[PDB]
K.L.:
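Hi! Got a PDB file here: nabumetone bound to Lactotransferrin.
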Amino acid sequence: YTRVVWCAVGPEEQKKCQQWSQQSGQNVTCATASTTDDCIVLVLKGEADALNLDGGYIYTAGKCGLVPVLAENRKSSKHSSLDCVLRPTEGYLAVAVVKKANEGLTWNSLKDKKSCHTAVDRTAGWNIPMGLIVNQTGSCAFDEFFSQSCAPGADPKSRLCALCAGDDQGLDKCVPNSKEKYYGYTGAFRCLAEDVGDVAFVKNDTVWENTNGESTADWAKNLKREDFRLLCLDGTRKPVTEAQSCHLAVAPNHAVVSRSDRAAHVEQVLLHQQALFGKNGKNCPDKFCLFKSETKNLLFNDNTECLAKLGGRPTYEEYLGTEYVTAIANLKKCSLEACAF
Ligand SMILES: *[C@@H]1O[C@H](CO)[C@@H](O[C@@H]2O[C@H](CO)[C@@H](O)[C@H](O)[C@H]2NC(C)=O)[C@H](O)[C@H]1NC(C)=O
Ligand SMILES: *[C@@H]1O[C@H](CO)[C@@H](O[C@@H]2O[C@H](CO)[C@@H](O)[C@H](O)[C@H]2NC(C)=O)[C@H](O)[C@H]1NC(C)=O
Ligand SMILES: COc1ccc2cc(CCC(C)=O)ccc2c1
Ligand SMILES: *[C@@H]1O[C@H](CO)[C@@H](O)[C@H](O)[C@H]1NC(C)=O
Ligand SMILES: [Fe+3]
Ligand SMILES: [Zn+2]
Ligand SMILES: [Zn+2]
């Protein structure tokens with residue numbers, strides 16, 4: 001009667017979803033698809049109810065009629081009187097990250113370097129950096145800017161996938177799910193950390209959560225923040241402590257989307273689910289933590305404190321903000337009002 005079908009992207013998210021499903025007594029169940037776009041289609045068909053999406057994906061989903069329902073909310077400094085669920089989200093900082101040792105690499109020298117992206121169509125990983133590059137370059141040939149990239153979701157035979165590594169068996173190169181070694185925030189940062197790419201397009205939080213012992217993962221356990229620099233738009237380089245003065249954009253927080261007709265029910269169930277499995281949840285960590293994935297950001301980002309209610313009932317365009325929507329629209333002209341499916 002009140003069962004929510006979550007859409008998991010790839011087999012690792014599927015595994016976490018199944019654990020959530022078990023622990024929830026089948027109040028949540030799981031559909032799985034290979035890509036985020038496929039999950040959006042499942043939701044559109046009514047074969048799944050909801051999933052949590054990066055802003056670039058919210059754009060795709062929103063064009064197709066899906067609506068934002070609750071947003072990720074991480075640790076915050078203002079909005080102090082307020083409980084996390086009622087606290088207004090503050091967006092995250094999209095950054096360009098390089099190795100300090102890669103001296104003289106700036107925003108202005110990026111042409112014909114190697115790049116690491118979270119995925120095509122994602123905010124910090126793609127829409128922001130490529131939007132800026134297309135703009136300043138005056139060219140839609142964003143596929144010819146970097147010499148090689150890992151941009152999960154691009155054509156696997158193209159240079160945009162050249163740096164992608166696939167899964168442990170070396171299969172699924174460039175798939176836009178966590179099976180691709182260099183997928184997502186953590187994967188794109190790993191792509192930089194291992195010096196596969198010269199630059200990673202990620203968010204401020206990724207740099208911090210994967211350095212100075214914050215991650216015990218083999219590739220990350222030895223990383224020091226001091227070995228990294230942020231690329232500012234004015235051509236300068238800054239320590240990763242300076243993200244507030246050296247970022248590419250403020251991104252709208254990842255958020256849960258659903259069909260408008262299921263939004264009320266999805267919200268209700270999620271608010272109850274996080275009461276059980278969220279940050280201070282009754283049953284986390286003893287049984288299941290909804291916002292933990294061993295840094296793999298499965299289903300939700302690992303730094304999520306809670307899912308927050310959205311003031312005003314925003315449309316997807318209101319949630320993303322007019323400037324970001326128009327930035328995406330402008331970028332999409334390279335590849336105006338219609339669902340892609
Ligand atoms: C960039 O991201 C990092 C990681 O999320 C932020 O550092 C955290 O900030 C909170 C307070 O907001 C601290 O209580 C945590 O201890 C910090 N985490 C770590 C691992 O150090 C940092 O504030 C962000 N910088 C900006 C400018 O937003
Ligand atoms: C890239 O350039 C386009 C075109 O100038 C930008 O789109 C403009 O954005 C401003 C500020 O939000 C709007 O007031 C204009 O109406 C937009 N112009 C057009 C022609 O659509 C876009 O924001 C830029 N992209 C990025 C990522 O900065
Ligand atoms: C943290 O993620 C969010 C959440 C809601 C947002 C709402 C807006 C509204 C600004 C407009 C034009 O609606 C902008 C950016 C937003 C970013
Ligand atoms: C499932 O949902 C109902 C409320 O609709 C509740 O009675 C039941 O205990 C819930 N259990 C879990 C584990 O979420
Ligand atoms: Fe994102
Ligand atoms: Zn700013
Ligand atoms: Zn409104």
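For reference, positions follow the sequence shown, starting with 1. Counting starts at 1 for both ligands and their atoms, following the listed order.
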K.L.:
Hey, where's nabumetone in this structure? All the copies, please.
P.N.:
ligand 3
K.L.:
Specify the protein heavy atom at minimum distance from atom 5 (C) of nabumetone: its residue, its atom name, and the distance to 0.1 Å.
P.N.:
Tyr319 O, 3.2 Å
K.L.:
If you have a sec, work out which protein heavy atom is nearest atom 12 (C) of nabumetone and how many Å separate them, to one decimal?
P.N.:
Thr322 N, 3.0 Å
K.L.:
To which UniProt domain do the majority of residues of chain A contacting nabumetone belong?
P.N.:
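That would be UniProt domain Transferrin-like 2.
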K.L.:
Identify the closest protein heavy atom to atom 8 (C) of nabumetone: which residue and atom is it, and at what distance?
P.N.:
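Result: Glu318 O, 3.2 Å.
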K.L.:
Among all protein heavy atoms, pick out the one at the shortest distance from atom 14 (C) of nabumetone; state its residue, atom name and that distance to 0.1 Å.
P.N.:
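Minimum-distance protein heavy atom for atom 14 (C) of nabumetone reads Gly321 CA, 3.8 Å.
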K.L.:
Would you check which organism the entry records for chain A?
P.N.:
Bos taurus
K.L.:
For nabumetone, which atoms sit closer than 4.0 Å to a heavy atom of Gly91?
P.N.:
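So the answer, numbered in order with elements, is 1 (C).
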K.L.:
What is the residue-level binding site of nabumetone with heavy atoms closer than 4.0 Å?
P.N.:
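Non-hydrogen contacts come from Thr89, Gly91, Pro252, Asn253, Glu318, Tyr319, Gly321, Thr322.
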K.L.:
Pairwise, report which nitrogen or oxygen atoms of nabumetone are under 3.5 angstrom from protein nitrogen or oxygen atoms, and how far apart they are.
P.N.:
unit_1, atom_1, unit_2, atom_2, d
nabumetone, 2 (O), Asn253, N, 2.8
nabumetone, 13 (O), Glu318, O, 2.8

